[PDB]
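The first residue of the sequence shown is numbered 1, and numbering continues consecutively from there. In each ligand, atom 1 is the first atom listed, and ligand 1 is the first ligand listed. Basis for what follows: all heavy atoms, side chains included, without hydrogens, waters or symmetry-related copies. Recorded method is X-ray crystallography, 1.5 Å.
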Amino acid sequence: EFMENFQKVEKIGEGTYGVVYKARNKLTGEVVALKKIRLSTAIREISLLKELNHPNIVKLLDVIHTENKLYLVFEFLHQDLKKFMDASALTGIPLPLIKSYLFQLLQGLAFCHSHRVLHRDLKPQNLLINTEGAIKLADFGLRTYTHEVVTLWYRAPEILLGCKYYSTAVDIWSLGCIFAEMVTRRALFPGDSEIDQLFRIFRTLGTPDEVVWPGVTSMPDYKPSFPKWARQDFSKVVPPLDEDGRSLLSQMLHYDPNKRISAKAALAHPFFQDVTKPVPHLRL
Ligand SMILES: Cc1ncc(-c2ccnc(Nc3ccc(S(C)(=O)=O)cc3)n2)n1C(C)C
């Protein structure tokens with residue numbers, strides 16, 4: 001019944017919760033992204049997200065509950081960062097554009113974190129970009145319905161070690177992983193299981209201990225039998241990124257979530273002293 005309001009133009013995602021269509025509001029001709037989830041607590045919580053409006057958050061226009069389906073109607077953007085990263089792979093995204101995207105995402109996070117909203121599943125597939133140089137956070141997250149594996153590559157270590165309470169720091173870790181990936185053109189920690197993800201982190205950043213992360217050894221999934229890898233330098237991890245970028249990235253990848261840089265503090269980092277807003281070249 002609801003779909004009679006909307007012309008499905010094409011399928012754009014098999015999102016974490018459901019399928020997303022580009023669609024055209026049959027009466028207004030507004031073009032939107034429409035997410036169909038298959039099925040009260042959620043209705044109330046998701047309805048509150050209609051108020052979490054910011055230029056770097058994809059605008060949630062409406063939330064419809066009808067006939068054991070939840071539909072979410074969003075402002076439409078034309079592509080994700082994953083596709084831009086894959087397209088820019090031979091050449092690299094120019095540093096000023098990486099910088100601008102990071103700064104923008106940080107502004108978005110600072111906003112939602114100030115309102116005690118976490119994302120919990122940041123990844124290149126839910127960062128969306130336009131021709132005007134904007135990037136926006138989509139698909140806030142609290143197998144897929146198509147049985148596709150949900151990616152672990154940007155999961156913070158506290159999640160992987162079983163922490164029950166997430167803090168805003170989980171987002172900062174995800175974004176640091178994405179920043180590194182923009183710079184190097186390869187995923188930082190491409191785990192293909194929970195333990196493979198954790199051990200990739202450990203192999204690059206050192207196996208965490210009580211010195212760098214007090215309370216780590218008391219975590220639910222911590223095991224004394226984890227191998228003990230020494231830390232590597234960042235100069236090896238994200239060459240040829242400059243000192244300011246390296247320093248920022250190191251702070252976004254602190255193990256302790258209480259030491260990890262906040263979005264707000266990251267926006268003050270000297271890395272952004274010369275930030276600008278370049279226009280990407282998009283082929284739509
Ligand atoms: C999970 C989710 N919920 C809402 C969206 C959403 C919201 C706004 N616009 C879009 N547009 C879009 C996404 C990806 C691509 S493509 C060709 O690069 O795959 C093309 C256009 N999508 N999404 C996205 C993240 C699928």
**Request:** Report the name of the drug modeled at ligand 1.
**Result:** AZD5438
**Chain with most contacts to AZD5438 (ligand 1) (name per UniProt)** = Cyclin-dependent kinase 2
**Prompt:** Which other-chain residues or nucleotides lie under 4.0 Å from AZD5438 (ligand 1), by heavy-atom distance only?
**Reply:** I12, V20, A33, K35, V58, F74, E75, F76, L77, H78, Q79, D80, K83, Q125, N126, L128, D139
**Prompt:** Which ATP-contacting residues per UniProt in chain A have a heavy atom closer to AZD5438 (ligand 1) than 4.0 Å?
**Reply:** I12, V20, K35, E75, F76, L77, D80, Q125, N126, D139
**Request:** Please write down residue, atom name and distance for the protein heavy atom closest to atom 17 (C) of AZD5438 (ligand 1).
**Result:** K83 NZ, 3.6 Å
**Request:** Could you list the atoms of AZD5438 (ligand 1) found under 4.0 angstrom from a heavy atom of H78?
**Result:** 20 (C), 21 (C)
**Prompt:** Purely on distance, is any nitrogen or oxygen of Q79 under 3.5 Å from one on AZD5438 (ligand 1)?
**Reply:** no
**Item:** Geometric N/O contact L77 with AZD5438 (ligand 1), under 3.5 angstrom
**Value:** yes
**Close-contact set for AZD5438 (ligand 1) against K35 heavy atoms, below 4.0 Å** = 1 (C), 3 (N)
**Prompt:** Which AZD5438 (ligand 1) atoms does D139 reach within 4.0 Å, using its non-hydrogen atoms?
**Reply:** 1 (C)
**Request:** Give the residue and atom name of whichever protein heavy atom lies nearest to atom 25 (C) of AZD5438 (ligand 1), and the separation in Å to one decimal.
**Result:** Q125 O, 3.2 Å
**Request:** Name the UniProt Mg(2+)-binding residues of chain A with any heavy atom within 4.0 Å of AZD5438 (ligand 1).
**Result:** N126, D139
**Message:** Hey, which of the UniProt active-site residues in chain A is closest to AZD5438 (ligand 1)? Heavy-atom distance to 1 Å would be great too.
**Reply:** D121, 9 Å
**Asked** Which UniProt domain in chain A is home to most of the residues around AZD5438 (ligand 1)?
**Response** Protein kinase
**Message:** Looking only at protein heavy atoms, which one is nearest to atom 10 (C) of AZD5438 (ligand 1), and what is the separation?
**Reply:** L128 CD1, 3.4 Å
**Asked** What protein heavy atom sits nearest atom 19 (O) of AZD5438 (ligand 1), and how far off is it?
**Response** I12 O, 3.3 Å
**Item:** Shortest protein heavy-atom distance from atom 8 (C) of AZD5438 (ligand 1), along with the residue and atom involved
**Value:** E75 O, 3.1 Å
**Request:** For atom 2 (C) of AZD5438 (ligand 1), find the nearest protein heavy atom and state the residue, atom name and distance (0.1 Å precision).
**Result:** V20 CG2, 3.6 Å
**Prompt:** Of all the non-hydrogen atoms in the protein, which one sits nearest to atom 18 (O) of AZD5438 (ligand 1), and at what distance?
**Reply:** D80 N, 3.0 Å
